[PDB]
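Notes follow once the structure below has been shown.
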Amino acid sequence: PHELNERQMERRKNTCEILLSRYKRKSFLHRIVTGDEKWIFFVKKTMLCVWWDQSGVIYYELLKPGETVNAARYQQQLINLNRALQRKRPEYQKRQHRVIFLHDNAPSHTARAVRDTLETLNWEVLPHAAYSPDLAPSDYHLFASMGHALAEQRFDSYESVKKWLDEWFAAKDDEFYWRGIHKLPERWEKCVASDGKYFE
Ligand SMILES: Cc1nnc(C(=O)NC(C)(C)c2nc(C(=O)NCc3ccc(F)cc3)c(O)c(=O)n2C)o1
Ligand SMILES: [Mn+2]
Ligand SMILES: [Mn+2]
């Protein structure tokens, strides 16, 4: 979409080198939990806030129409996400494993109270470059598939959106979610080979 400047390409390329070199030393893809926000329009619009891993959607919220994510809201979301994670992913209840968290750096995602919450949860937060939805599984995989399916829908209500999302998420095979995460290394490689430009 955007015309990347030098600082932006540098940061993309450097981030991807770091993630890729880590990956080659010891793959960590199975420990990533990732998420992002997207507007869904009906009749007005509601923000979908969703988090997922290679096994499926862990937790989501659909905010009241017009409502936005601010710092306080994101902090509570992360807390609620962690409760869902304990219930749905045993490997993490048992603290056999540490969560690796991939989200973008929207201001609410980096505010002081949110940084504190992440420190306390003690999730590892992966680096992520500005203007890089091609590096964010929610964008290049989850919402890319969703957007096509949404384009046919004309939702009557907030309830219709929620129903549709429950159904849609659940109809995807485990393989869909796994592919979206495990696409990361190829994309990190492409980005390093483009010196940080966008790529096909
Ligand atoms: C940086 C920066 N500035 N604009 C952007 C950007 O990438 N915008 C566009 C609209 C492309 C975009 N954005 C977000 C997103 O969250 N943007 C909020 C945000 C703003 C600043 C910041 F540092 C990080 C995040 C998406 O999720 C997304 O899918 N897209 C497509 O990146
Ligand atoms: Mn975003
Ligand atoms: Mn996005």
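Chain A is numbered as in the PDB entry; the shown residues are, in order, 121-163, 189-345. As the structure lists them, so they are numbered: ligands from 1, and atoms in each ligand from 1.
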- prompt: Which chain forms the largest contact interface with ligand 1 when counted as heavy-atom pairs under 4.5 Å, and how does the PDB entry name it?
  reply: Mariner Mos1 transposase
- prompt: What drug from the list simvastatin acid, dasatinib, lotrafiban, raltegravir, topotecan is seen at ligand 1?
  reply: raltegravir
Contacts by heavy atom under 4.0 Å between raltegravir and UniProt Mg(2+)-binding residues of chain A: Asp156, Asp249, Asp284
- prompt: Has raltegravir got any nitrogen or oxygen that is less than 3.5 angstrom from a nitrogen or oxygen of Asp156?
  reply: yes
- prompt: Hey, does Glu157 come in under 3.5 Å of raltegravir, counting only N/O atoms on both sides?
  reply: no
Other ligands/ions under 4.0 Å from raltegravir, by number and name: ligand 2 (manganese (II) ion), ligand 3 (manganese (II) ion)
field: Atoms in raltegravir with a heavy atom of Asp284 nearer than 4.0 Å
entry: 27 (O), 28 (C), 29 (O)
Contact bool for atom 10 (C) of raltegravir (protein heavy atom, d < 4.0 Å): no
query: Counting heavy atoms only, which of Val214, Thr255, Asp249 is nearest atom 26 (C) of raltegravir?
result: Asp249
- request: Give the residue list for raltegravir, heavy-atom cut-off 4.0 Å.
  value: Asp156, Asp249, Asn250, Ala251, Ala275, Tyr276, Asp284
Which atom pairs, nitrogen or oxygen on both sides, join raltegravir and the protein at under 3.5 angstrom?
{"residue": "raltegravir", "atom": "16 (O)", "partner": "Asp249", "partner atom": "OD2", "Å": "3.1"}
{"residue": "raltegravir", "atom": "27 (O)", "partner": "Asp156", "partner atom": "OD1", "Å": "3.4"}
{"residue": "raltegravir", "atom": "27 (O)", "partner": "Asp156", "partner atom": "OD2", "Å": "3.2"}
{"residue": "raltegravir", "atom": "27 (O)", "partner": "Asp249", "partner atom": "OD2", "Å": "3.3"}
{"residue": "raltegravir", "atom": "29 (O)", "partner": "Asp284", "partner atom": "OD1", "Å": "3.0"}
{"residue": "raltegravir", "atom": "29 (O)", "partner": "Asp284", "partner atom": "OD2", "Å": "3.2"}
{"residue": "raltegravir", "atom": "32 (O)", "partner": "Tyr276", "partner atom": "N", "Å": "3.3"}

